[PDB]
*Asks:* 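I'd like to talk through a structure of ASTX029 bound to Mitogen-activated protein kinase 1.
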Amino acid sequence: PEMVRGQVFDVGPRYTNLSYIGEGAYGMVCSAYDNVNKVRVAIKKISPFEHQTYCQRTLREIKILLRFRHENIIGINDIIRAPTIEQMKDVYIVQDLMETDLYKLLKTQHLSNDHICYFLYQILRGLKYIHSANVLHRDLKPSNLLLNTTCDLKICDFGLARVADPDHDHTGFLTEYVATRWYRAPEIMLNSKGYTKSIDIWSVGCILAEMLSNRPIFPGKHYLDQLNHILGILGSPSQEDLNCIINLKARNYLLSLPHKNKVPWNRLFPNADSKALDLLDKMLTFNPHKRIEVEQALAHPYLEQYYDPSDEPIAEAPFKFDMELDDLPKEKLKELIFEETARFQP
Ligand SMILES: O=C(CN1Cc2ccc(-c3nc(NC4CCOCC4)ncc3Cl)cc2C1=O)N1CCCc2ccccc2C1
């Protein structure tokens, strides 16, 4: 077998001429020549089976992405694994190879207003489909938005995605949370488990702000500092929005803060298009009940050049897990991953 940076990549016969791309907690990723479709592809080697949380992330990703089919969502093209559960130590997920991501692009490139508009349209078009399947992505951020050389955009990384569950969204103040700090809606720190679609709209608002200036809008250094960055720009919540926070720890924390006025978007973003700032304001609304929904955002005058609901498809039915995954042992999640990947075996 081929090796890459001290790692076997058992992907042949179909995939050859591997080049290292990167690695992280997930595993390792390469490009490889697909000898059936005659194109280079991404293959990520995942080795999740000794960690229940990595197994969860793997299974969520596979089940969701195999059900979804959308131009602005990364697909799974193939899955390689051993023929038996006993021999299965790794899973290789094959996906379309994308040249870069929005994180890399923002570190290195000024975006024209036309590019910002087109990226935002594609993010929302993909998100319309995700939300129409009653799924929440829950970790939208620049490094999960993949881009090719013609600026086509695909949402990736569904390892934290969940079925929406608004009736069980309430929690206490300062409840620990997994998704990337800088893109967390204020309510995560106050009273929310991140089980409603409004969580993803906030992250997209944050991404829009970051496209406007190439810098994260709310770069909190730790859990509560994230809330105080948000409040630093939005200002003190209104009495009405406060009255929606019934938990006394969260409410009394907010009441304890000195009054802060809203920082106007046009001072943070003096070169931004005024319609972009109107949409930004509506996505970065403190109260999640008043926050714009994905379909409303698509209909916003900023996106009028692109908006076409007949060409913004929805999922054919709501997505549903067979059983709850959060409590399952890692050995059971391995079995489920085995069954879920069976269709790619010859
Ligand atoms: O696969 C993941 C998370 N990742 C990791 C990754 C790497 C690469 C790509 C990717 N990149 C590119 N092109 C890059 C080239 C260079 O410029 C940047 C873009 N093209 C296609 C893909 Cl598909 C996508 C992903 C992705 O989705 N998980 C499932 C297993 C469970 C788990 C366990 C532990 C932690 C996270 C996860 C989530």
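Chain A residue numbers are taken from the PDB entry; in order, the displayed residues are 11-356. Just so you know, ligand 1 is whichever comes first in the structure, and atom 1 is the first atom listed for that ligand. Only this structure's heavy atoms are used, side chains among them; waters, hydrogens and symmetry mates stay out.
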*Asks:* If you draw a 4.0 Å sphere around every atom of ASTX029, which residues of other chains have a heavy atom inside it?
*Replies:* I31, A35, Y36, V39, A52, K54, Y64, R67, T68, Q105, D106, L107, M108, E109, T110, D111, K114, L156, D167
*Asks:* Among the UniProt domains of chain A, which one holds most residues within contact distance of ASTX029?
*Replies:* Protein kinase
*Asks:* Using a strict cut-off of 4.0 Å, indicate which atoms of ASTX029 neighbour a heavy atom of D167.
*Replies:* 3 (C), 27 (O), 38 (C)
*Asks:* Do me a favour and list the nearest non-hydrogen protein atom to atom 33 (C) of ASTX029 with residue, atom name and distance?
*Replies:* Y36 CA, 3.7 Å
*Asks:* Near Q105, which atoms of ASTX029 are under 4.0 Å from a heavy atom of that residue?
*Replies:* 23 (Cl)
*Asks:* Might you check, step by step, whether the distance between atom 9 (C) of ASTX029 and some protein heavy atom is under 4.0 Å?
*Replies:* no
*Asks:* Are any of the N/O atoms in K54 less than 3.5 Å from those in ASTX029?
*Replies:* yes
*Asks:* Heavy atoms only: which UniProt active-site residue of chain A is nearest to ASTX029, and how far, rounded to 1 Å?
*Replies:* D149, 8 Å
*Asks:* Is the shortest N/O to N/O distance between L107 and ASTX029 below 3.5 Å?
*Replies:* no
*Asks:* Enumerate residues in chain A that UniProt marks as binding ATP and that sit less than 4.0 Å from ASTX029 by heavy atoms.
*Replies:* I31, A35, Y36, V39, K54
